[PDB]
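Data block below; observations after.
Lettering: A, B, C, ... assigned in the same order as the sequence lines. For chain A, we keep the numbers from the PDB entry: what you see runs 65-222, 225-352, in order. Since chain B takes its numbers from the PDB entry, the residues it shows come out as 405-423, 432-443, 453-458, 461-465, 476-498. First listed ligand is number 1; within each ligand, the first listed atom is number 1.
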Amino acid sequence: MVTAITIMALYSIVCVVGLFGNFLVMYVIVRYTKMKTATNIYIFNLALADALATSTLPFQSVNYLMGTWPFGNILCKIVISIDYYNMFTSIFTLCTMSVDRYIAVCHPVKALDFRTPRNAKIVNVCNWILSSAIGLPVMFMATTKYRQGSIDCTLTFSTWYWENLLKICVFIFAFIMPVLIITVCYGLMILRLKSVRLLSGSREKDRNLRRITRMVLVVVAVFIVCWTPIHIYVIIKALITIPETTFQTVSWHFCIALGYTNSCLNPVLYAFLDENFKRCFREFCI
Amino acid sequence: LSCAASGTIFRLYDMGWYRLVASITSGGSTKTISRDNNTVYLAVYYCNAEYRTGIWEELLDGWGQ
Ligand SMILES: C[C@H]1CN(C[C@H](Cc2ccccc2)C(=O)NCC(=O)O)CC[C@@]1(C)c1cccc(O)c1
């Protein structure tokens, strides 16, 4: 009742803002020649994944409102696969972004050869091909279960071995390891930046390098803050058999809502933190 | 004749005297200037110093009276 209406209202507000913002970012990268850079190819992949993530939220809101899933099997298999794709592609795109900024900051002589944009495009295709290994099995499994009370849309496992295994793999490969890679790359970059007078010879090049590096760090931090609580909740629920109570249902939905909310936040940071994006957005609007 | 520096500075980089008489790098490479990591000691001549206010900020220069 009240919870379903609240969810629908917030999801619709996160759906229109997110879809508009991430369409705008992609359009600007395509439209203006100056925008194309290795970092911009990586930012474009992030915003693709967030547009696909936000286009699903109306069906879920209707499902919560009506108590039943009326959209069929195939749309059930697409929505769930997209749910997993969001997590894997987003974490890997941030990881590759951080390694790219590491090569640029610490190995400039050899940074020049490997930072051509085509390399970034191949990197992004490889990221999607890798994420399919987790994504496609989830799509194949998902099903519409005809519960007597109402139709459900869920994942069918062959149960303890096959279900705890999926949750563990998601916790390890799509969370802990990329976070360690990112933390080590930023520790080494912070070491380089603290003790160098100039990073690229030219003063302007130095300032540009430090600005892009800070923007990428802020995006990474925001994503980690939005996604950590749902990840911990899944583990703490698996091992404890929490009793069912109002607090449990409300807290659970709130953590899922935060994780989805992150999809609309990034286009605003691009505009506040990048002069080129801010300029293109103003020129687009006017 | 010293060219001391004060204020909020994250890092101080190259210090010098300009009438280009002398340059002292932070390490101590010199182009008779001795610098202690916060002053350097060496026609009117003017103190020059390079600095960065923050880790992500841009290289600046400050002259003297
Ligand atoms: C991604 C996070 C949210 N989805 C919510 C999803 C949205 C939905 C889809 C169709 C109909 C209505 C709602 C859903 O309800 N999916 C049911 C299912 O497929 O079981 C769930 C898994 C989740 C908590 C999770 C977080 C972290 C790690 C992790 O492993 C899992």
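Modeled at ligand 1 is a drug that PDB records call alvimopan. For alvimopan, the chief contact partner in this model is given in UniProt as Mu-type opioid receptor.
Other chains with a heavy atom closer than 4.0 Å to alvimopan: A. Counting heavy atoms only, A/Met151 comes closest to atom 28 (C) of alvimopan of the residues A/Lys233, A/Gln124, A/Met151. Residue contacts with alvimopan: A/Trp293 is excluded, as none of its non-hydrogen atoms falls under 4.0 Å. Among A/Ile322, A/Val236, A/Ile296, A/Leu139, the residue whose heavy atom lies closest to atom 30 (O) of alvimopan is A/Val236.
Listed by atom number, the atoms of alvimopan under 4.0 Å from A/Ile144 heavy atoms are 19 (O).
Looking at A/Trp133 against alvimopan, only its side chain comes within 4.0 Å, counting heavy atoms. Considering backbone and side-chain N/O of A/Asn127, none are found under 3.5 Å from N/O of alvimopan. Assignment of A/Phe237 to the shell around alvimopan is not supported, since no heavy atom sits closer than 4.0 Å. Among UniProt's transmembrane segments of chain A, counted from the N terminus, heavy-atom distances below 4.0 Å from alvimopan occur for 2, 3, 6, 7. Set against the non-hydrogen atoms of A/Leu219, the atoms of alvimopan under 4.0 Å away are 19 (O). With a 4.0 Å cut-off on non-hydrogen atoms, A/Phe221 does not touch alvimopan at all.
Measured on heavy atoms with a 4.0 Å cut-off, the binding site of alvimopan is A/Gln124, A/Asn127, A/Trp133, A/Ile144, A/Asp147, A/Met151, A/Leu219, A/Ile296, A/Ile322, A/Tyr326.
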